[PDB]
Amino acid sequence: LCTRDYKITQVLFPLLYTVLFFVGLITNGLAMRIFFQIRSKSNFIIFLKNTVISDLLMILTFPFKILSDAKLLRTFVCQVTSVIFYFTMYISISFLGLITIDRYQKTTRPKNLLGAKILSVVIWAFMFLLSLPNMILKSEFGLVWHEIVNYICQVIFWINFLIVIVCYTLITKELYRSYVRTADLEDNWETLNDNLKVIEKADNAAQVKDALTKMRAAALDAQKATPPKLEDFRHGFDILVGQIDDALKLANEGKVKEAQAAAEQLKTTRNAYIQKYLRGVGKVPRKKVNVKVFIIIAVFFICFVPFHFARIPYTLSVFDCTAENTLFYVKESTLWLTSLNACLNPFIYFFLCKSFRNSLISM
Ligand SMILES: CCCCOC(=O)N1CCN(C(=O)[C@H](CP(=O)(O)O)NC(=O)c2cc(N3CC[C@H](OC)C3)nc(-c3ccccc3)n2)CC1
Ligand SMILES: CC(C)CCC[C@@H](C)[C@H]1CC[C@H]2[C@@H]3CC=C4C[C@@H](O)CC[C@]4(C)[C@H]3CC[C@]12C
């Protein structure tokens, strides 16, 4: 009824999948060799470990899709392996949500290794006995069971998608907050030093009065942003603000030359000592690695987001062959992106697991 370019149907796609199959077998190959030469000492390494599996279960369905699509009984093994694939994909999606959570929790931190394995087994089993009826199969109980599983699967995606949205939203708000705090504090000090130069090269009392005002404000801002350390990180600020206040008085009284020299006293060795110490106390770096953590949301968005997003228009809202062909391609390519996950998961192991990257540095 409807015809498409076999250059794309029987060639491009089978090759695209062939790429994925190899690229995916090698990376997940040496991955599994690394992962069972690492003791499972946390939630994370454990969820990662399950990912290696569901990835190899994914790769091992590619050939049957490759040979079928390139036109090489022959049709029932297609229904089974595709079930195994769909099983595989929603497992990947489930663990990715857990990995998200697990990673999000370690970014709100300066009983497990046993419940983690159990939750894993729940994941698999609940997918398996949801994948069983589809490959168990006239009897029209099953083609309404398709609307059952298809429904479950939408919920599985959307819940884990929400998880991802929330966790990365909380991680983004925190990393932003952390950035602005440090950016401002650096600003504070930079203003202090900048308005001293202004003072140094100033004529009137108005120039001195203004720069000192900015300095006073910046200093007090710095002090606010720098609570004392639990171990003279409060008395120091009193000295610096003191000098600034003194210089301000001199500048208000009219004596600009004295003002400038009172200002200059921040350049004494002791005052600069104090400054360097107060600058020191201020910087306390402890933020989650940027392009390292976001890899997950990335992989999730590349692989799983499109297949589900693209469905909602033309699942919730035609005879012509271009529209039915547009749909074929959209579905088929999004499903390719889905499969790409088995190749993008090794990246998560690399960019986020210390021990993994070590074996990978070696073997
Ligand atoms: C726990 C795991 C258990 C194992 O899982 C399974 O066994 N699953 C059964 C198959 N299932 C699907 O998700 C099926 C795949 P298939 O149809 O069987 O190949 N997709 C659809 O049923 C479907 C329908 C649809 N429409 C409904 C009419 C409308 O006509 C206008 C089109 N559109 C799209 C769509 C997709 C991507 C992009 C654009 C559109 N998909 C996944 C879960
Ligand atoms: C389908 C409708 C009713 C919305 C339901 C969404 C549920 C399933 C999602 C949305 C936001 C999610 C939460 C987002 C963040 C956290 C904090 C983390 O420390 C543990 C998981 C937890 C608590 C998630 C659990 C699942 C959650 C509550």
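We count residues from 1, following the sequence as given. Any value given below was found using the heavy atoms of this structure, including those in side chains, with hydrogens, waters and symmetry copies removed. Order of listing sets the numbers, starting from 1, for every ligand and every atom in it.
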Colleague: What does the PDB call the drug placed at ligand 1?
Modeller: selatogrel
Colleague: For selatogrel (ligand 1), which chain gives the most heavy-atom pairs within 4.5 Å, and what name does UniProt use for it?
Modeller: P2Y purinoceptor 12
Colleague: Taking heavy atoms under 4.0 Å, what residues and nucleotides bind selatogrel (ligand 1)?
Modeller: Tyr86, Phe87, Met127, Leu130, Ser131, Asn134, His146, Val149, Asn150, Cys153, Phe307, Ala310, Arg311, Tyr314, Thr315, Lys331, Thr334
Colleague: Which UniProt transmembrane segments of chain A contain a heavy atom that sits under 4.0 Å from selatogrel (ligand 1), numbering from the N terminus?
Modeller: 3, 4, 5, 6, 7
